[PDB]
S.K.: 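Structure of adrafinil bound to 3C-like proteinase nsp5 - open in front of me now.
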2 protein chains.
Amino acid sequence: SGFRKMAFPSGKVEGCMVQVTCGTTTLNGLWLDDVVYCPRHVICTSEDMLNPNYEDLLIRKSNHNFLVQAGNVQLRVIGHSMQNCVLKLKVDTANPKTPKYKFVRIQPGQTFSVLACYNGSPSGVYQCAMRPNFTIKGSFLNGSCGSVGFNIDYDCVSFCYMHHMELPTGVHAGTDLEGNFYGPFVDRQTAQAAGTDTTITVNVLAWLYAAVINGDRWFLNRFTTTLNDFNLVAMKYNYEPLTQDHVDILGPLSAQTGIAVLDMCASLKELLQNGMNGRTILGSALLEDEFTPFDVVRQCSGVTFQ
Amino acid sequence: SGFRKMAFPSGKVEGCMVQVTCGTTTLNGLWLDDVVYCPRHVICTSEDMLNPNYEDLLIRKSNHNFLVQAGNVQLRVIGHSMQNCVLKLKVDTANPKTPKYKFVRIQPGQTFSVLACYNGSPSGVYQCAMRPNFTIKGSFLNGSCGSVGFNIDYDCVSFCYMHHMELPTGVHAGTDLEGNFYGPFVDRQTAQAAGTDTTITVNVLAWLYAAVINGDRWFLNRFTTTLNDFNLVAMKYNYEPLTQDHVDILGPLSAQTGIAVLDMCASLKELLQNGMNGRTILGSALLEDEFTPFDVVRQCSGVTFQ
Ligand SMILES: O=C(C[S@@](=O)C(c1ccccc1)c1ccccc1)NO
Ligand SMILES: O=C(C[S@@](=O)C(c1ccccc1)c1ccccc1)NO
């Protein structure tokens, strides 16, 4: 029993982190097979980031200008190319620690773990969600660019995020491993604001199910509701609209607990309308939305990875 | 910027986890050099745990009764012994993945990372604190015993916790790596209740400093206080008494922010007396106490580990 914000074990990713230096700029890269992946703004100076022409700036760079260091060992760069907003650096040595992996572009509302790194070295691991406005609420300081976000299924690491920017509001933006930004953000130091940070309704419901499984049930009530009725409340409180697809994904948690999805929606509705009256739910005084239904099942059942 | 509940990278510990089976009981062990460490209640059945005599139950066990498996490979047990509440199983092969490590017994209020494992396999990582009542609020299911808690300093893993029990209230108890329980708990299925769960005042203050560094400053006020005056409030709200030693440890955070420790105590005092009026602090609607001053400095500065 107990429910915690849990990250995947990070070892398989730790073995992939390297340091990339171009000129006077140093950030992190991801070494998979004989390719190192990193943000293309490694080639920029602080002056450049105001209005960079990446294609023009890359013309002045050759293989030997990209210094790649894995732990204490230097890797030989034998080719380089730009794909969207990442660079791919071909090296002469396949990473012997390459895990089974894939590249995935995730949807808003999905969660992943982040290995924060500096100078190619791991600093910490934590769990995040892709917000509905395509930012993430992370913990990133200067030099953390190139750190990546990932999920694991048994033995396969699914890389879904590479860190690129910090917006002026303190939230974070980045790309998939093909270099396409999440959301409308660009790798330019300009005026880009985040949209509304709406709450991920299906994740809150899954967390309420997690609560019930662990003994926190004071919020269960005598009511039920319908999807349309609940969604009128969701709109008022800047919650994502709940669909039948969401109801279907919560089916297994409904089955294990015996609480119909729409009955749990009626509990959530009362919590949004009345607040929590100074009580807590799984140690939290607000409604948590960065656990997916899969996350809840996984933690409440003890799935492992070899 | 941003502040997250962050765990240490777990790879160095992942490489130490093994599976231990005695009879029909399977839990996790920790393989360091040529010794595997695990809870002594691996030798018990469910019937035994009501009133076990561990010395008598061990007499019926020989080296070949302890089955130790690291990944897919079986380890040869060539000796075994009991130390307090852990067993030490000598094996014929030193773990090649043994990190630099030490065994440490931590104090209440100190934080550590937990690698939850099942059947010797890692499941997830999260951050915990040793509570003032010597429990931890974890996430542990059946089969998680032997999972361990640890800190890392550059290249040295300091093991401080091994998981042994779940109390009837859902909180968790366990030992250091010498097998001595934290607090008054015993490896018996009897009536053991936790004491008062007091809040770790020095950690809350450090987290308020973290908040200020990241732009959340609405709770700063015009007041100051004294240690004795603040502690009258701490007592009322079941907070740990604040000492000069605590004030001294917060010195560096005081210096970086320019906010005197006693001024931050006066902010905390108003927050305890008035609540947060529906606002949040670093994404939380209550006062977080599982970040130490060291944790705050580390995350706000980007310390790494090689
Ligand atoms: O190297 C860093 C600083 S980077 O965030 C920042 C940047 C600054 C100088 C050179 C390259 C990039 C930037 C600016 C605009 C848009 C995205 C990123 N972190 O690791
Ligand atoms: O094997 C497990 C179950 S264990 O928690 C439980 C126990 C049950 C059967 C055999 C050994 C131990 C126990 C009971 C009383 C005090 C501490 C622990 N988890 O990994």
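The sequence lines fix the lettering, A, B, ..., with proteins before strands; numbering per chain opens at 1. Only this structure's heavy atoms are used, side chains among them; waters, hydrogens and symmetry mates stay out. Whatever order the structure lists them in is the order used to number ligands and atoms, beginning at 1.
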S.K.: State which other chains have a heavy atom under 4.0 Å from an atom of adrafinil (ligand 1).
M.R.: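 Under 4.0 Å by non-hydrogen atoms: A.
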S.K.: Any idea which atoms of adrafinil (ligand 1) are less than 4.0 Å away from a heavy-atom of A:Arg188?
M.R.: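 In order of number, 15 (C), 16 (C).
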S.K.: For atom 12 (C) of adrafinil (ligand 1), state which one of A:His41, A:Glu166, A:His163, A:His164 supplies the nearest heavy atom.
M.R.: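 Among A:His41, A:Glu166, A:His163, A:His164, the closest heavy atom to atom 12 (C) of adrafinil (ligand 1) belongs to A:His41.
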S.K.: Heavy-atom distances under 4.0 Å decide this one: backbone, side chain, both or neither, for A:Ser144 against adrafinil (ligand 1)?
M.R.: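 Looking at A:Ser144 and adrafinil (ligand 1), just backbone atoms fall under 4.0 Å.
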S.K.: Do any other ligands or ions come under 4.0 Å from adrafinil (ligand 1), and which ones?
M.R.: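 Closer than 4.0 Å: nothing.
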S.K.: Using a strict 4.0 Å cut-off to heavy atoms of A:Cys44, name the atoms of adrafinil (ligand 1) that fall inside it.
M.R.: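 This gives 10 (C) as the contact atoms.
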S.K.: Enumerate the atoms of adrafinil (ligand 1) whose separation from the nearest heavy atom of A:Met49 is less than 4.0 angstrom.
M.R.: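 It comes down to these atoms of adrafinil (ligand 1): 7 (C), 8 (C), 9 (C), 10 (C), 11 (C), 12 (C), 13 (C), 14 (C), 15 (C), 16 (C), 17 (C), 18 (C).
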S.K.: Can a protein heavy atom be found under 4.0 Å away from atom 8 (C) of adrafinil (ligand 1)?
M.R.: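 It does: a protein heavy atom is found less than 4.0 Å away from atom 8 (C) of adrafinil (ligand 1).
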S.K.: Do A:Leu27 and adrafinil (ligand 1) have an N or O pair less than 3.5 Å apart?
M.R.: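 No, there is no polar N/O contact under 3.5 Å.
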S.K.: Write down the UniProt domain of chain A that holds most residues touching adrafinil (ligand 1).
M.R.: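 Most residues touching adrafinil (ligand 1) lie in the UniProt domain Peptidase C30.
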S.K.: Just which atoms of adrafinil (ligand 1) are under 4.0 Å from any heavy atom in A:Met165?
M.R.: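 What qualifies from adrafinil (ligand 1) is 16 (C), 17 (C).
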S.K.: Any N or O on A:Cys145 sitting closer than 3.5 Å to an N or O of adrafinil (ligand 1)?
M.R.: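 A:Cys145 vs adrafinil (ligand 1): N/O contact under 3.5 Å present.
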S.K.: Which other-chain residues or nucleotides lie under 4.0 Å from adrafinil (ligand 1), by heavy-atom distance only?
M.R.: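 At that heavy-atom cut-off, the residues are A:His41, A:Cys44, A:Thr45, A:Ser46, A:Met49, A:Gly143, A:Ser144, A:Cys145, A:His164, A:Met165, A:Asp187, A:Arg188, A:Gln189.
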